[PDB]
*Asks:* 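The structure's right below; bear with me while I get my questions together.
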Amino acid sequence: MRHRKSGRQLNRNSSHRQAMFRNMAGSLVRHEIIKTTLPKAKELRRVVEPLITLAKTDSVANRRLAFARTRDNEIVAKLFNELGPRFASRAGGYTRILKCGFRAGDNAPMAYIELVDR
Amino acid sequence: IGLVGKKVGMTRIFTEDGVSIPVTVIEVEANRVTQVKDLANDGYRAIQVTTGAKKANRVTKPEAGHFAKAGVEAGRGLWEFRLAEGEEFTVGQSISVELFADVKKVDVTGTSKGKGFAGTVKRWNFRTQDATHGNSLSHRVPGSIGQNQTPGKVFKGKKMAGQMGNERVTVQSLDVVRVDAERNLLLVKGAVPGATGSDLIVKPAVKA
Amino acid sequence: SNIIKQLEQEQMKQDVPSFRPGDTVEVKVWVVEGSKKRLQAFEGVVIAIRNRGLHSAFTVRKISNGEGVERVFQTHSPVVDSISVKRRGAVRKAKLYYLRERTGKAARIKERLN
Amino acid sequence: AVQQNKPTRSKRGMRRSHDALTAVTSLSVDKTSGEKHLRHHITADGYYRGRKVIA
Amino acid sequence: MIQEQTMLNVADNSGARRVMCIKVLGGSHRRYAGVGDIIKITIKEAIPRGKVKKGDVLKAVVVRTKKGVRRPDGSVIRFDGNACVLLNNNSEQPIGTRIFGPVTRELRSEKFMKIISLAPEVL
RNA sequence: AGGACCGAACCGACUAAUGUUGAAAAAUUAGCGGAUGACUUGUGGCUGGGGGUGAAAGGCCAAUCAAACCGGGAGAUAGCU
RNA sequence: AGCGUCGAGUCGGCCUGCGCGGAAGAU
RNA sequence: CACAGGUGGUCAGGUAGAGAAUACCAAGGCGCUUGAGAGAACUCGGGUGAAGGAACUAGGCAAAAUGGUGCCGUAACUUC
RNA sequence: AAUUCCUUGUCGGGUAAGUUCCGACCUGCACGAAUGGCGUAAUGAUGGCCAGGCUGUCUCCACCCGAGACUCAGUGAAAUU
RNA sequence: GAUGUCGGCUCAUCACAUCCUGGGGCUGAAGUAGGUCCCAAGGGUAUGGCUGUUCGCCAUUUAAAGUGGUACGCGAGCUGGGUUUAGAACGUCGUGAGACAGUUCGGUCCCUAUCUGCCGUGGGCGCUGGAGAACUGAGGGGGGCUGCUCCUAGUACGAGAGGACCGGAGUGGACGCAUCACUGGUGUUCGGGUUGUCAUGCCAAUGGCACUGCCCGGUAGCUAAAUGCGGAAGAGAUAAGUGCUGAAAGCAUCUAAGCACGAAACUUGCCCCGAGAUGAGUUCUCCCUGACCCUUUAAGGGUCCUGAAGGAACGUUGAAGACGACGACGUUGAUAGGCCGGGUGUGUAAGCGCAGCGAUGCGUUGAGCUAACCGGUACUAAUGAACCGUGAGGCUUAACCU
Ligand SMILES: C=C[C@]1(C)C[C@@H](OC(=O)CS[C@H]2C[C@H]3CC[C@@H](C2)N3C)[C@]2(C)[C@H](C)CC[C@]3(CCC(=O)[C@H]32)[C@@H](C)[C@@H]1O
Ligand SMILES: [K+]
Ligand SMILES: [K+]
Ligand SMILES: [K+]
Ligand SMILES: [K+]
Ligand SMILES: [K+]
Ligand SMILES: [K+]
Ligand SMILES: [K+]
Ligand SMILES: [K+]
Ligand SMILES: [K+]
Ligand SMILES: [K+]
Ligand SMILES: [K+]
Ligand SMILES: [K+]
Ligand SMILES: [K+]
Ligand SMILES: [K+]
Ligand SMILES: [K+]
Ligand SMILES: [K+]
Ligand SMILES: [K+]
Ligand SMILES: [K+]
Ligand SMILES: [K+]
Ligand SMILES: [K+]
Ligand SMILES: [Mg+2]
Ligand SMILES: [Mg+2]
Ligand SMILES: [Mg+2]
Ligand SMILES: [Mg+2]
Ligand SMILES: [Mg+2]
Ligand SMILES: [Mg+2]
Ligand SMILES: [Mg+2]
Ligand SMILES: [Mg+2]
Ligand SMILES: [Mg+2]
Ligand SMILES: [Mg+2]
Ligand SMILES: [Mg+2]
Ligand SMILES: [Mg+2]
Ligand SMILES: [Mg+2]
Ligand SMILES: [Mg+2]
Ligand SMILES: [Mg+2]
Ligand SMILES: [Mg+2]
Ligand SMILES: [Mg+2]
Ligand SMILES: [Mg+2]
Ligand SMILES: [Mg+2]
Ligand SMILES: [Mg+2]
Ligand SMILES: [Mg+2]
Ligand SMILES: [Mg+2]
Ligand SMILES: [Mg+2]
Ligand SMILES: [Mg+2]
Ligand SMILES: [Mg+2]
Ligand SMILES: [Mg+2]
Ligand SMILES: [Mg+2]
Ligand SMILES: [Mg+2]
Ligand SMILES: [Mg+2]
Ligand SMILES: [Mg+2]
Ligand SMILES: [Mg+2]
Ligand SMILES: [Mg+2]
Ligand SMILES: [Mg+2]
Ligand SMILES: [Mg+2]
Ligand SMILES: [Mg+2]
Ligand SMILES: [Mg+2]
Ligand SMILES: [Mg+2]
Ligand SMILES: [Mg+2]
Ligand SMILES: [Mg+2]
Ligand SMILES: [Mg+2]
Ligand SMILES: [Mg+2]
Ligand SMILES: [Mg+2]
Ligand SMILES: [Mg+2]
Ligand SMILES: [Mg+2]
Ligand SMILES: [Mg+2]
Ligand SMILES: [Mg+2]
Ligand SMILES: [Mg+2]
Ligand SMILES: [Mg+2]
Ligand SMILES: [Mg+2]
Ligand SMILES: [Mg+2]
Ligand SMILES: [Mg+2]
Ligand SMILES: [Mg+2]
Ligand SMILES: [Mg+2]
Ligand SMILES: [Mg+2]
Ligand SMILES: [Mg+2]
Ligand SMILES: [Mg+2]
Ligand SMILES: [Mg+2]
Ligand SMILES: [Mg+2]
Ligand SMILES: [Mg+2]
Ligand SMILES: [Mg+2]
Ligand SMILES: [Mg+2]
Ligand SMILES: [Mg+2]
Ligand SMILES: [Mg+2]
Ligand SMILES: [Mg+2]
Ligand SMILES: [Mg+2]
Ligand SMILES: [Mg+2]
Ligand SMILES: [Mg+2]
Ligand SMILES: [Mg+2]
C-alpha cells in the first residue's frame, strides 16, 4: 500500500533521485525548457518551483539554501537575479508540462517542461 | 430506518469523570426521501434517500428526472432503507440526525479501506514459517493447500492471497455518544469502516 | 477537519502553562479511591511533549521509592487538575529519552535561568 | 511444471483473443495549424491549443 | 507484558531477588500477564536466609511492568522494570511483610489490598 | 629464536544464504582457516594405464577413473528389453 | 381383566409367511 | 558466450591510518549494450522495532553482539 | 564408554521439568595394555553439555529502503507434448 | 522406461466410536461432586524440559488438552534431526575383503505451472429498442468457543463438613472484524548532532561519499502490543428424553387417532456475496416520432439525412489499484502540482554583534528549516472538438380501449 504517500521512486534509490533532480533543476533553470519523461517532469515541479519561491526573497541565507539544494552558483545567480524577479507577482505555477509523444529508444512518455514566461 | 452520513474522522470526548471516549465523527446531513417503495408497485416497503449536493454537470438526465419527480435536489447518491411495520414516510421528506436522538446503539456500515492484493499472513493471519533454520524461499508463503490424491483438488473457500478490504463491512452495536442536530453530527464510540470522507450508513442496532 | 477542529477546541483547557522538555513539573491528578476524590502530586522531569491540539500529551519521568516511573499525561484530560513548572531545564533536545539510561549525577539537568 | 499435452492452435487463438491492439479512437486537430495530433500532446510542428509552444 | 521466560524483580521482602515467569495463568493460550495478573514463577536468585529458596515454584502478582498500564483517559504509567510480589501457591496471599517501590491502583481489589496497604505509594 | 602470535597480499574452503534451464558443468555474497613454512608461486623437466603418482580419500592422472583416452579385434556376446 | 360383582370369550405354547430392533466412518 | 570464474611479473601519489587494511580522493579509468513506468502478493539483499529475551530449533542455524590504543588487573591447571 | 543390548540402568549434580550433559556405582550383552592401556598442559572452522552477554531465532509479526515480480516498448529461450 | 519416505513446520479437510461446552435416563444420585448409558459434530480442544522422534515420562497450565480417516493428509509448499550411498572409528563377527534391523562423528533436497483445482480480478456476449440508477433475493458463504467473580444464598440439601439447581449481573481468555482518536513501532521523502575525507578559490557556510557513514528525534501513511465491536437473544421444526388424553387388550399403556414439551446439532434470526437466478426478475428515470429505392417481399438489403440519452476515449487524479477495474474531477473547475496561511516535527539557522587568549558561550531567536497533514487559493496542467451509441423497438394470444 502507498495510501496518501507522495514522491515517485523512479526505480532509483534516494541518493540517485536527489542527485538527478538537482541536475535536472539546474538544467531547467539554465535552459528554461527541457525534454524529459512525463513522470520526471511531474516530480521536477516539486523541486524547481520551491527554488523559484525561495529566490523571490534575495538574502544571503536564501542564496545559501539555494546553493545547498542546487550546488551551482550560476543557477543560484539566475534564480535570484532573473527568475525570482520574473516570477515575483506569480503565485506558484512557474512551470508548464507539455506532453510530446514517445521516445524512440524505449517508448517512454515524454514531455517538455518549461518556465511559463519563456 | 437509518441515515446516510460521511466519516469526518475520529477524535475523543473527555467525560467529567476523566474517561476519554474514542469517537468517530459522522456528518449526517438531511437525508431527502427520493422514492417510497410500497407492496403494490414494488413488492416491499422501503424509502430511497439522497444526501449531499452533486453538481449539475455530473448529474445525468436519467438521474435528474428521478430527483425532479421527487422534487428534491440531486445528492451524491441513492440509498434504500427498509421500512418497519408502522413506519411511514413521504416523497421529498427530509430526515435529520434527530432520528438518532433517543437511539442508544447504532450499526455503522461503510466500505473498508482497500489493502489491494494481500498475502495470507496479512489477509488470513497465517503463521510465517522459519525466518532461518534452513528455510528456502518460503518465509510468508501459505504452506500446503490440500491433502493428496484424496481429494486430489483444493477445496472451495480455501484461504489464499487476494484482494483484501475495499468491501462492505458493518460494525454492530456502537454506542451513540452525541447527536448534535445543529451541526448535523453523530458521534459514535469507537472506529467504523472506511477512510475519512467515505459514505457511512448508520442504522439503530439490530441486536440490542 | 473544520468540524473536528470545532469539536476539539471546545474541549481544550485554556489554562495549560508553558513548559518545555527538561522542566521539572508537578502534575496534580484526580484519584478516586472509592467515591472520595483527592489530588495526587506527580513531580518529575518532562522528557517528551506531543503538541497535537486536544490530543496533546507530555511524559514526566520520576524516580519513586527506588524505581524509575514515567507517566504520559493527556494534557486536556479532566484527570489532570493542574500543572506547575517547579524548575526550568536547559536541554538541547525535544525528547530526553537519554535520561532513561542515566541515574543520579549523570541525570542532572542544568537550570534555564532566562 | 510443464504441459502433459500439446495445447491446440484453438487454445492458442483463445488466449490471444485479448491481444488485439486498440487504434487511436480519434486524433485532435490543432485550431491554428490544422495539424492532427494526440489529444493533450503537442503537434509535430510544436503547436498546442493554437499556440506555437516549441520550435 | 510478561510471558513465559520473562525475568522479574521482586517487589517484596520474601527473599527472592529474581524470579522467572513459567506460566501466565487464567486461560488457554493466554500470552501475557500485565499488572494485577497472577503468574506462576520459579525463583532463580534468592537471599541466604529468606522465606523462599532458589528453585521454589510459587505464584506471584505482577505489580510493575515496563509496558505499563493505561488509564481511562488514555494516560500511561510505565516503570523501568518488571516487578512482582510472591504469593503463597494455594492461598495466593503475599509471602513477604513489606512491599518495595510504587504499585498501581490496578491492584485495588480485596485480593491484593494487603499489597496496596504495604506499598510506599500507589499511582 | 619459532612448522610462535594478530593481520592484508598470497594459499585455502568451516558455516549460512543465494544460485540449481546458474553470471558459473562447483560460483557469488557475508562470515571462516593458514599466512617464514611440512609455505606459496612462475618457467621448464621426469614418472604412462594393472601402469604412474598418492601426509592414503580408491584420491588424482586434461570437466572421464575399483583400471584414462584414441584406434583396432568388432557386427564381442546379449537364453534380456 | 377391572372393581361376590361382571355377562363373553379368554389364556400361551406349537408350526409357518412377511416385517421390527440389534445396525457407528471418514470429499 | 562481449561469460560475476581463472591468469605470473612490474609501478605504488594525497588525507587519515600500524599498514600494500580501511574510508575519501589524485593521476588515470569507468557508469558494467535493453530501457520506461508502477510502487500488489511473494522472492531476494538490507535498515529499524514496543514488551519479552532462545520460549525458536535436531542444534542459538541465522542474526544480534564483542571489537581500538594506553594503563591497571587477571583463576584453576601447567610440560613452567 | 566414539564400546552397554537390556537402557531413558541406578545414585548424585545441574533444570519448574534434563532419553542429552557432568560425577559416581560395576550388573564390562560385547574395555584392556604399541591393530597400545590409563592420564595429560597446550592446540582444534573437531563432537557433546552449561552459563553471562546478545538479539526478529521465537511469542508475532509491523514498517521501511533497494533488486525482481506487475504494466509499456524492443529482443526473445526452455523442459514437455 | 521411479507412485520421494520417519519426525517437525505451514496449511488443512472429513468421520463420530464426544475430550470440553449443550440436552437427557439410571445411579450403590442428600448437596457438592462423581459413575454409567443415550442424544448431540455448532464451535472449541496447552506451553515447555528431555529425545530425530511419533510416542512417552516429567513441569506447569486449561472448560477441554478427544479418537480416527485423508498416499500412516500436506517435500513440483519449507525443513532434513532420523532412515539410507561414498569418509572415519568403537564394540562385535570374520583368516580376509568386508559385515551388523549395534553404536559413533561428517555428509548437494532440482522444477519459470499447460490442464484440473483453488484465491483474486478483468474482457466478451447474453438477458429482445437503447440508456442511467435503485433494488428484490433464488442461491452461496461467514459466524456460532468459553473461564472466573458477584447476586440469588451461606438459601435448598446436610448430623456436620460443606454447599446447589433455576434465574440474574459483571469482568476476562482465546478467536474474528474494523480502525488509527489514544499508547506505541516504522517513518533511507522532515529537522538536528557527529567521525573520516573530497569539493564548492579561501574564511565562514554548505554539498558528495563512507550500510541512511554513524546516530538522536520525528510528520503523513501503514500498523499492534493500541481500542472499538462481535459470538447472542428470539422464532420454527426436532434428537435422546419427558408427558397429556387414549383405545387396540373392560385394566394398563407417551401412540395406534389426537395433543404438549424438549439441545451449542437442523431451518431461521446476525454479517457478506448474490439476477450468467439463461428460471437472466422488479422499480424509478432518461432518450430517439426522417426521407428513399431495390430485390430473394422479409425479423430481407442498401442509400441520403440524422447522431439522442448515454458511453467510451483522452487529461488531472484518488486513504481505489499488479494490470484491467472502481471512485473524484476536467475551466460553468479545487482533480493534481505549486502557492498562501496554519499545524506538526526538529530544537534557538545564517548573517551580524558581544564576551573569551581560544575551544566555545550569549544576544538577535523558540530561531531557521519543515514530506506525504489541515484550511484556502485558478498560478500550472486538466481543450474547442473528435469517437462509439441511433432514428420509436418481433410474432401470437388474451384483457381492455377504439
Ligand atoms: C528411489 C526411489 C524413491 C525416490 C523412494 C522409495 O524408497 C526406496 O526405494 C527405498 S531404497 C532407497 C531409495 C533411494 C535411491 C537409492 C537409495 C535407496 N535412496 C537414496 C519409496 C520411499 C518406496 C520405498 C518405493 C516407492 C517410491 C515411490 C513412493 C515411495 O514412497 C517411494 C519410489 C518409486 C521413489 O521413486
Ligand atoms: K588400464
Ligand atoms: K562393548
Ligand atoms: K599391530
Ligand atoms: K485430522
Ligand atoms: K448423567
Ligand atoms: K462438535
Ligand atoms: K505414500
Ligand atoms: K517431510
Ligand atoms: K506431486
Ligand atoms: K518449491
Ligand atoms: K487436466
Ligand atoms: K496510531
Ligand atoms: K506514526
Ligand atoms: K562532510
Ligand atoms: K437481470
Ligand atoms: K479491482
Ligand atoms: K491545488
Ligand atoms: K542563537
Ligand atoms: K544565529
Ligand atoms: K519551530
Ligand atoms: Mg496526496
Ligand atoms: Mg526497471
Ligand atoms: Mg549514501
Ligand atoms: Mg488501498
Ligand atoms: Mg510461528
Ligand atoms: Mg537451495
Ligand atoms: Mg530466505
Ligand atoms: Mg474426482
Ligand atoms: Mg502421462
Ligand atoms: Mg495475451
Ligand atoms: Mg605461524
Ligand atoms: Mg585442497
Ligand atoms: Mg569468501
Ligand atoms: Mg592459529
Ligand atoms: Mg594469521
Ligand atoms: Mg573405502
Ligand atoms: Mg578429472
Ligand atoms: Mg579391467
Ligand atoms: Mg571376433
Ligand atoms: Mg553389438
Ligand atoms: Mg433383520
Ligand atoms: Mg556485456
Ligand atoms: Mg570476464
Ligand atoms: Mg593472482
Ligand atoms: Mg583497498
Ligand atoms: Mg518493494
Ligand atoms: Mg538490524
Ligand atoms: Mg524488539
Ligand atoms: Mg526494547
Ligand atoms: Mg536479558
Ligand atoms: Mg528449547
Ligand atoms: Mg519447541
Ligand atoms: Mg552463527
Ligand atoms: Mg552481524
Ligand atoms: Mg544406549
Ligand atoms: Mg543414562
Ligand atoms: Mg541423572
Ligand atoms: Mg536449556
Ligand atoms: Mg558419565
Ligand atoms: Mg579396543
Ligand atoms: Mg596390541
Ligand atoms: Mg591411540
Ligand atoms: Mg513413466
Ligand atoms: Mg453418537
Ligand atoms: Mg453438520
Ligand atoms: Mg444454528
Ligand atoms: Mg510434548
Ligand atoms: Mg504421509
Ligand atoms: Mg492425521
Ligand atoms: Mg524444494
Ligand atoms: Mg506433494
Ligand atoms: Mg541426516
Ligand atoms: Mg565406509
Ligand atoms: Mg459457516
Ligand atoms: Mg484481540
Ligand atoms: Mg492521525
Ligand atoms: Mg513515536
Ligand atoms: Mg529514524
Ligand atoms: Mg538528514
Ligand atoms: Mg571551513
Ligand atoms: Mg566524490
Ligand atoms: Mg569513491
Ligand atoms: Mg385407558
Ligand atoms: Mg455458547
Ligand atoms: Mg515546535
Ligand atoms: Mg545547520
Ligand atoms: Mg531565548
Ligand atoms: Mg509553511
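Proteins come first, then strands; the chains are lettered A, B, ... in the order of their sequence lines, and each starts at number 1. Both ligands and their constituent atoms are indexed starting at 1 by order of listing. These numbers come from the heavy atoms of this one structure, side chains and all, not from hydrogens, waters or symmetry mates. Only part shown; contacts counted inside that part.
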*Asks:* Which of the following drugs is at ligand 1: mupirocin, ivabradine, retapamulin, ispinesib, zanubrutinib?
*Replies:*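 That would be retapamulin.
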*Asks:* Hey, quick one: which chain has the most contacts with retapamulin (ligand 1) in this structure? I'd like the name as the PDB entry has it.
*Replies:*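 The chief partner is 23S rRNA.
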*Asks:* Can you point out the other chains with any heavy atom under 4.0 Å from retapamulin (ligand 1), by letter?
*Replies:*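 Going by non-hydrogen atoms, J.
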*Asks:* Which other ligands or ions lie under 4.0 Å from retapamulin (ligand 1)?
*Replies:* none
*Asks:* Please give the species listed in the entry for RNA chain J.
*Replies:* Escherichia coli BW25113
*Asks:* Show which residues surround retapamulin (ligand 1) within 4.0 Å on heavy-atom distance.
*Replies:*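 Counting heavy atoms, the site comprises J/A2, J/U3, J/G4, J/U5, J/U84.
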